[PDB]
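Drug triclosan bound to macromolecule Enoyl-[acyl-carrier-protein] reductase [NADH].
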There are 4 protein chains.
Amino acid sequence: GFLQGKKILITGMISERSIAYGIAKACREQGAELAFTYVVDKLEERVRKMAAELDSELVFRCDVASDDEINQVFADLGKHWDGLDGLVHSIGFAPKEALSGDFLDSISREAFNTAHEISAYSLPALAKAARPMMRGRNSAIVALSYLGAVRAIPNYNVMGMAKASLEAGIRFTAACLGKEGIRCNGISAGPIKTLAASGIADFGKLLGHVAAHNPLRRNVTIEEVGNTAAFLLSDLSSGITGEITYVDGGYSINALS
Amino acid sequence: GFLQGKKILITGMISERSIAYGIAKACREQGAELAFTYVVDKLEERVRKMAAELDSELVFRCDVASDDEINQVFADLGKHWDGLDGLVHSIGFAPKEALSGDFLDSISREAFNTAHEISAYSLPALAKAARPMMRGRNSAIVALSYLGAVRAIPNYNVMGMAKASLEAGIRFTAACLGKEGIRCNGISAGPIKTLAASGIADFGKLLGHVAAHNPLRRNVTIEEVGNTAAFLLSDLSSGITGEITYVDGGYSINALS
Amino acid sequence: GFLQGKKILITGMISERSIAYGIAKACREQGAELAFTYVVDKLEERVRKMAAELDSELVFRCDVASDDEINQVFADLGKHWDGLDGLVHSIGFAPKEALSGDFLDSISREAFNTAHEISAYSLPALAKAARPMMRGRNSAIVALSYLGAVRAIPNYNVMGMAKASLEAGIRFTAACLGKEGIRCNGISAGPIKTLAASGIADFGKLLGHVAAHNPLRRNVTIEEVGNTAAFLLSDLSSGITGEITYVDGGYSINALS
Amino acid sequence: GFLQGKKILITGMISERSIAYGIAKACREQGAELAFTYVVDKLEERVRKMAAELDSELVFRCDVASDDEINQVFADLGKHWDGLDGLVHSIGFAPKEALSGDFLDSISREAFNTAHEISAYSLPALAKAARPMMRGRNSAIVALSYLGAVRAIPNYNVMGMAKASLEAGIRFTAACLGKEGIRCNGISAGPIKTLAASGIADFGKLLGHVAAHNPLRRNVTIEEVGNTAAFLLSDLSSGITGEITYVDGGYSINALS
Ligand SMILES: NC(=O)c1ccc[n+]([C@@H]2O[C@H](COP(=O)([O-])OP(=O)(O)OC[C@H]3O[C@@H](n4cnc5c(N)ncnc54)[C@H](O)[C@@H]3O)[C@@H](O)[C@H]2O)c1
Ligand SMILES: NC(=O)c1ccc[n+]([C@@H]2O[C@H](COP(=O)([O-])OP(=O)(O)OC[C@H]3O[C@@H](n4cnc5c(N)ncnc54)[C@H](O)[C@@H]3O)[C@@H](O)[C@H]2O)c1
Ligand SMILES: NC(=O)c1ccc[n+]([C@@H]2O[C@H](COP(=O)([O-])OP(=O)(O)OC[C@H]3O[C@@H](n4cnc5c(N)ncnc54)[C@H](O)[C@@H]3O)[C@@H](O)[C@H]2O)c1
Ligand SMILES: NC(=O)c1ccc[n+]([C@@H]2O[C@H](COP(=O)([O-])OP(=O)(O)OC[C@H]3O[C@@H](n4cnc5c(N)ncnc54)[C@H](O)[C@@H]3O)[C@@H](O)[C@H]2O)c1
Ligand SMILES: Oc1cc(Cl)ccc1Oc1ccc(Cl)cc1Cl
Ligand SMILES: Oc1cc(Cl)ccc1Oc1ccc(Cl)cc1Cl
Ligand SMILES: Oc1cc(Cl)ccc1Oc1ccc(Cl)cc1Cl
Ligand SMILES: Oc1cc(Cl)ccc1Oc1ccc(Cl)cc1Cl
């Protein structure tokens, strides 16, 4: 197992459809020891149960809107773990009304701020809070992004701006932390039916177009995303930092198919 | 000239060193009629005086932190102009402390929020507010970005995340408005000594490195940026939308020089 | 006219549908003086006639397969002109059989070599031969490329590899010549029905998909490409080198529309 | 390991410094069965000896200048293996004189043709020749590229054009073969002292600049490149095709460091 001895904190696992669940399962299959966060109290039981199936009893509340909660996660986790080898950012949010229809009609200052704070700022915020536990460990951060960072896409709207901010965040974090032995990389995943995906108007059509038009002629799975994250969290990828890797069956590199 | 009679609103002109001044002068040279905004009352006289030299008496206060002020500009401008042919976004802000030293140490939630709101959200906010005046005119929007959008750069820090958000904003705005006959493009300018540039720690060294390492072996001018904006505002560029054009003397495409 | 006093050599003009014709017409409208090349003797009369309508009697044979013919163009042109301010590369070739159907089935060593030699090597070959006439003149080179450089596209096949080589050629030429006052830029044009376009199997479908899916919801014109080339050949673009500018109505920056 | 029983053909292994050696060792560590090619008879013994240390007695001559030799490899290999799961392209060549000094002065038609034929065409040529043995196996191809594909770099010169062609080749091969269950990906490696590296004028300074300026503040190893190739050859990367992955310690995403 190529993550033997790695201790990895995973955000964003709320169901077995979650990308973070695929990541968790892939990492555990490679021998990682896991810990998890959940955004609100209502989810605690569900997440503890999934964590238990993945051999973990380390679960912490963390709304990334809160610097106090972010910092408290690492304080609490630090009582159990000497250091942190892996950090998975698999979280995003924007108000549903901002992800439907005309980009300018649907945008607002408040939706823009929320989308960026939760979807983009949270990466440097978590990296910063994790830094004492991660530095010097030859450790790694993986964050999830989407093609909307670099292409205009119907309905994704302000989340595209937030993902672009996130990808730049990945690059700046990588440049910041590389000398102290922390890597930071992104996965730009193709569409996958998850709980959050239903917030994007006409998600079913995005999903269908990609399967019809990508080189693989099918959509990717949370196992495929998960195995890629596991690689990027492992010492196998020690030469790679500041990279965005596309796990979309080649969709982004194809045109007019 | 190739903007003869075109009516263009320009943000961000605060001195004769401003990129927006170079844009203004370039547009006026091609026959455009201009109007201007200024962030606070303390600048009104200075901006009115520059505007007068460019044959304009149309000057409006606009802090892009304020949706009221943004929308009031177009209400007031609309008393003079029956439509708007061009809109120039040449504005940015982040707290100076966030643009000095280690990326994660210098970042904060509040600095992130400010940087994104003023530097990135302001593009769709202005596009949205201008839309009734611009649509159906084969009109155009130009916004100013920087390499920090797509590369990690020392000291630019959180402004890089904001510029990435901005460039995605340009793409989404272009996709949104293209059917209505409004284009939206970006210029990624090389470093230029402007008032805002002094907010970046060690800007003088950044400026020097580019001149020593780009294909042209010199920095670009506000006239060069300005002429590019004039082109992108004109019907000559009617086949171009959602584009980021580098006016950095080739710096971005060079390595190891 | 922003090309007043500019002397520009244009390759590739074989009919009034040619991209090079749109370039020629756009440049002449801005006051440029023109000269032209043609690949074989059979075309001489047709090209001389088009050149005459554009106020030029300077027409030279040039098969870019031949170093002797390339060099002879500048020797001959140098009898009339003191220097050369603009050079337009608007030429490409690959055997038709290599641009139909399965990429690997259709490729061959010989087709690959031809495609690259004529479509890609010709840019540095012409730049190199033109260099004595262009250096120190604040002059400029523009070459035409296509999205196949950076995306896989059905049927374009080995021409995509040649266009990628070309775009790198543009970057290396820009880096090479920038200090001596020669710029080199590319235009990646959207699909346009030209003589050469019929060599691509199912070109009509490419053309239709782009018009249905790009931000402008229409294809671009040779006037739009031409006006962009005119800008890139003019002193207005003096801050820009090594750049690929997309004149495809935003097609490349849109996805899933 | 994650390549257990997978049969992988590796080109380009000429010494223990070779990138292909790092790939070979990484694949063998994950359980792969290997076979190898060598360019000329003079190398046969050296390569057989390295192959033996990696538990292989399958070694074949292959100068990729020769379509006969390329196709003969798979005919001969096919006597031992009923199919092929992995193919590694780790080969390049250009005349040394073309990789020294001014790009245009050093280039020639013949050097361009050689560089592209050996460095770029060889990827689709090998993919094409391997296709009967690879299809239907959920198999994979990996090829090695360099930053010169997408940035101008001193002295790398015409090899940059060839690498750009190669990367497009990777994209087109991926699009071509995806339905048949063959993936094709690239690794853009940072500088590593190998035999071929000495062909680049002033390679030692290039190597030094990267270590001084990348996020990791060091150069990558053939083990790091190798482990990445092993991942891209394995079913773990089944969601990834047509991708270029940077294993350069973040060099490409950094600027002005
Ligand atoms: N599903 C896809 O097609 C897809 C494609 C590309 C990228 N992504 C990205 O993958 C990541 C995971 O999304 P997913 O599709 O697995 O959806 P998901 O709904 O399974 O997970 C989204 C997670 O974000 C968390 N979250 C939201 N607001 C939060 C806050 N304030 N604090 C902490 N956590 C918060 C949610 O609780 C949830 O666990 C996201 O970044 C998403 O943008 C998804
Ligand atoms: N100077 C450079 O090297 C350079 C390079 C690339 C991009 N840019 C970008 O060019 C644009 C113009 O900056 P410049 O360098 O000409 O500097 P400048 O200081 O002349 O202009 C910056 C402008 O931003 C305006 N601004 C700041 N906060 C504002 C607010 N809340 N509301 C409205 N306006 C506000 C300022 O009043 C000022 O007019 C910016 O987007 C900057 O990021 C500059
Ligand atoms: N039409 C399009 O949709 C489109 C889109 C993007 C890029 N381009 C590019 O635009 C450029 C011009 O093509 P076009 O579409 O106007 O077609 P065109 O047929 O009008 O021009 C192609 C030209 O290439 C010339 N040529 C071919 N082999 C030559 C040789 N050995 N020596 C000298 N000249 C030679 C032809 O004689 C012809 O003049 C090409 O580089 C093409 O790849 C075209
Ligand atoms: N070393 C680096 O810094 C570096 C960085 C990025 C990419 N690369 C690429 O990695 C690959 C491997 O090179 P390396 O650096 O390991 O050097 P190397 O010298 O160990 O390997 C180069 C190989 O190319 C083979 N080759 C050359 N001409 C050939 C022909 N006609 N037919 C068949 N094989 C031929 C050589 O025999 C040799 O085995 C190349 O594609 C190179 O461009 C190298
Ligand atoms: O980023 C995503 C991209 C896709 Cl294709 C599908 C789901 C995604 O994830 C989200 C989408 C919308 C919201 Cl409000 C929150 C999240 Cl996490
Ligand atoms: O974005 C920029 C990039 C450069 Cl190289 C120089 C100046 C720039 O403009 C700014 C820099 C810092 C702040 Cl706080 C505000 C602005 Cl407008
Ligand atoms: O590059 C092109 C791209 C497009 Cl969409 C249309 C035409 C193009 O130009 C060519 C296509 C094929 C051949 Cl054989 C030669 C040339 Cl010049
Ligand atoms: O592509 C490369 C890039 C780097 Cl930084 C180092 C070595 C490389 O490999 C080569 C360099 C020159 C020649 Cl002639 C052949 C090969 Cl294989």
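Each sequence line gets a chain letter, starting at A and going down the list. The numbering of chain A matches the PDB entry: 2-258, in order. Since chain B takes its numbers from the PDB entry, the residues it shows come out as 2-258. The residues of chain C that appear here are 2-258 by the PDB entry count, in order. The PDB entry numbering applies to chain D: residues 2-258, in that order. The figures here come from the full heavy-atom set of this structure, side chains too, leaving out hydrogens, waters and symmetry mates. Whatever order the structure lists ligands and atoms in, that order sets their numbers, starting from 1. Determination method: X-ray crystallography, 1.9 Å.
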Can you tell me where to find triclosan in the structure, every copy?
ligands 5, 6, 7 and 8
Find the other chains whose heavy atoms come closer than 4.0 Å to triclosan (ligand 8).
D
Report the nearest protein non-hydrogen atom to atom 8 (C) of triclosan (ligand 8): residue, atom name, distance rounded to 0.1 Å.
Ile201(D) CD1, 4.3 Å
Which option wins on minimum heavy-atom distance to atom 12 (C) of triclosan (ligand 8): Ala198(D), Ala197(D), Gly200(D)?
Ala197(D)
Which protein heavy atom lies closest to atom 15 (C) of triclosan (ligand 8), and at what distance to 0.1 Å?
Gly93(D) O, 3.6 Å
For triclosan (ligand 8), the portion of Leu100(D) having any non-hydrogen atom under 4.0 Å away
side chain
For chain D, what organism does the entry report?
Neisseria meningitidis
Compute the shortest N/O to N/O distance between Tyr157(D) and triclosan (ligand 8) and return yes if it is under 3.5 Å, no if not.
yes
Residue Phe204(D) vicinity, atoms of triclosan (ligand 8) by number, heavy atom under 4.0 Å
5 (Cl), 6 (C)
Report yes or no: does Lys97(D) have a heavy atom closer than 4.0 Å to triclosan (ligand 8)?
no
